[PDB]
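Some notes on the structure that comes next.
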Amino acid sequence: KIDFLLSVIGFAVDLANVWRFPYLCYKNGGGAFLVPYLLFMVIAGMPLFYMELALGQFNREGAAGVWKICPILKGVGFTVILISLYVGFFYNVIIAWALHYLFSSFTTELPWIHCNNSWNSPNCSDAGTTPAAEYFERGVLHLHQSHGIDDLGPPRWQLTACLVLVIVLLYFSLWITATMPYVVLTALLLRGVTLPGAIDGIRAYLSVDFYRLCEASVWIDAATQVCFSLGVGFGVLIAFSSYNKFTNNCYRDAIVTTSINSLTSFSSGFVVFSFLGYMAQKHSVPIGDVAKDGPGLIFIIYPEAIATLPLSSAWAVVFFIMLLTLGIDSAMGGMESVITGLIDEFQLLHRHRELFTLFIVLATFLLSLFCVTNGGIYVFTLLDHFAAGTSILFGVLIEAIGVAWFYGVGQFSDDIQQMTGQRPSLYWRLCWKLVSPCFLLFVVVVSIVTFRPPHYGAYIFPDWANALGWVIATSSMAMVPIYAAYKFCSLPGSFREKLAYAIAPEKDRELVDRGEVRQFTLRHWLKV
Ligand SMILES: CN1[C@@H]2CC[C@H]1C[C@@H](OC(c1ccccc1)c1ccccc1)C2
Ligand SMILES: *[C@@H]1O[C@H](CO)[C@@H](O)[C@H](O)[C@H]1NC(C)=O
Ligand SMILES: *[C@@H]1O[C@H](CO)[C@@H](O)[C@H](O)[C@H]1NC(C)=O
């Protein structure tokens, strides 16, 4: 009971629900993003969470070692590793910013208050631009000294020192902590509720605009955010569930996890939009013109909310300590999963583990050094747009198609019944077989066909930036066909002989050899 309670609480609050969710909610309107989020969640987030839990718990192997049930579909074990590496590249800049803010918040006069600092412009408006946004973009990022993604400039030494500290802390780390976010968020929520002009920001939150529901960006954003929040599509759920006993049940875990995650996301968006409405009322501007729909929205929103609070310095220190802890936890989880999977896959990198871990850490630091330069927000935006999205949805769709069609929904249900004593009902089987793959395929095709170039406020990325982004997405996406070709060419025999062992499970060896392959009959495919 205590261990199970602490298990659900751990996944409840993370960097996805605190940082990315309000950004994507403000970008898409507020309710026109809430509707697709719930629609995609209740349909294809719980079934995939349950499927990943059961697969990991039964196979008792890592992200790549599970695929002995469909030997040809193993490139999705390296696709997820590449995706996690790409995410971890830009996942450290958030922690560097948090460290910078925590260090700079150790004073009696906060710097994001008034328009008298050396990093200000004649456009600054004290109750143009706000002092908090001007501080973030001109005294921390120094974005005004870069023309665009073409003109980056040398890295800054302060953010480089913060990055080095983050890297060493992560490497050496790789009751009180688990309850600080709840208290801090409750204080912020109460303060935002009891503020003038918050009702407008709440009305703008709980109101659906049908004109944006006919687009595609909001559907793609909701689909990607569901996977980012729940944790599916990264290969960490399978690795974690590899040690989840055998008799532990998975549907009860999935239901509670999904419910708590949804509640936390809703509360975070509520707080952010309430403060947005207050500031819009204060500055005599509409809610849609307060700030830019960029990744650094919380770093502009939250300093002002702390400033409107008594004893603002202590609250600032506590908030940024909490943010640093959350980022460290998420980064540790991702890097641990990547390293463990790579070590397990190759038996050569087992006598040399510390060297491999040091090499991975060094490479991640070197490739994350690109976002510390003057124009690093452009590289951050490009990575955020292109590392996840089409690649993660493609990997999730391939995993679902494999596990369901190529293996057997009935066989998966029989395995689950053997594991836990209860065979899944018709809702789960139908969702695994038909409902989820169709909605994933539609989203993938829509995302691929539609253009949607990235931008940062008013900067428009050139053609070569989009080409590079598509290159780095395709690099992760294209691990399935190459492994399929290698596996097909490695097996011996003829076309039928190779195809028999390429798709049948490794537990089916004694039966495929004696002229009996289950995947060669219509009844196997036509069953739900
Ligand atoms: C990209 N990774 C990040 C966030 C999503 C995916 C999953 C991974 O898991 C974390 C985690 C922490 C809190 C909430 C949700 C996920 C994790 C940390 C420590 C130990 C295990 C897992 C971290
Ligand atoms: C702003 O800065 C100037 C010069 O640093 C200083 O003299 C002044 O007192 C500050 N405040 C106002 C309200 O001008
Ligand atoms: C400041 O405002 C003026 C318009 O009054 C605008 O032309 C200029 O580009 C602004 N400066 C910056 C750095 O955005």
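Numbering starts at 1 and runs along the sequence shown. Numbering of ligands and ligand atoms starts at 1, following listing order. Determined by electron microscopy, 3.0 Å, according to the entry header.
The name recorded for the drug at ligand 1 is benztropine. Most heavy-atom contacts to benztropine in this structure come from the chain listed in UniProt as Sodium-dependent dopamine transporter.
Residues of chain A that UniProt gives as binding Na(+) and that have a heavy atom less than 4.0 Å from benztropine: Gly10, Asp14, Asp329, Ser330. Per UniProt's chloride-binding annotation of chain A, a non-hydrogen atom lies under 4.0 Å from benztropine in no residue.
The UniProt-annotated transmembrane segments of chain A (first at the N terminus) that reach under 4.0 Å from benztropine with a heavy atom are 1, 6, 8. Site of benztropine with heavy atoms closer than 4.0 Å: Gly10, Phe11, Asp14, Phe228, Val236, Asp329, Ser330, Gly333.
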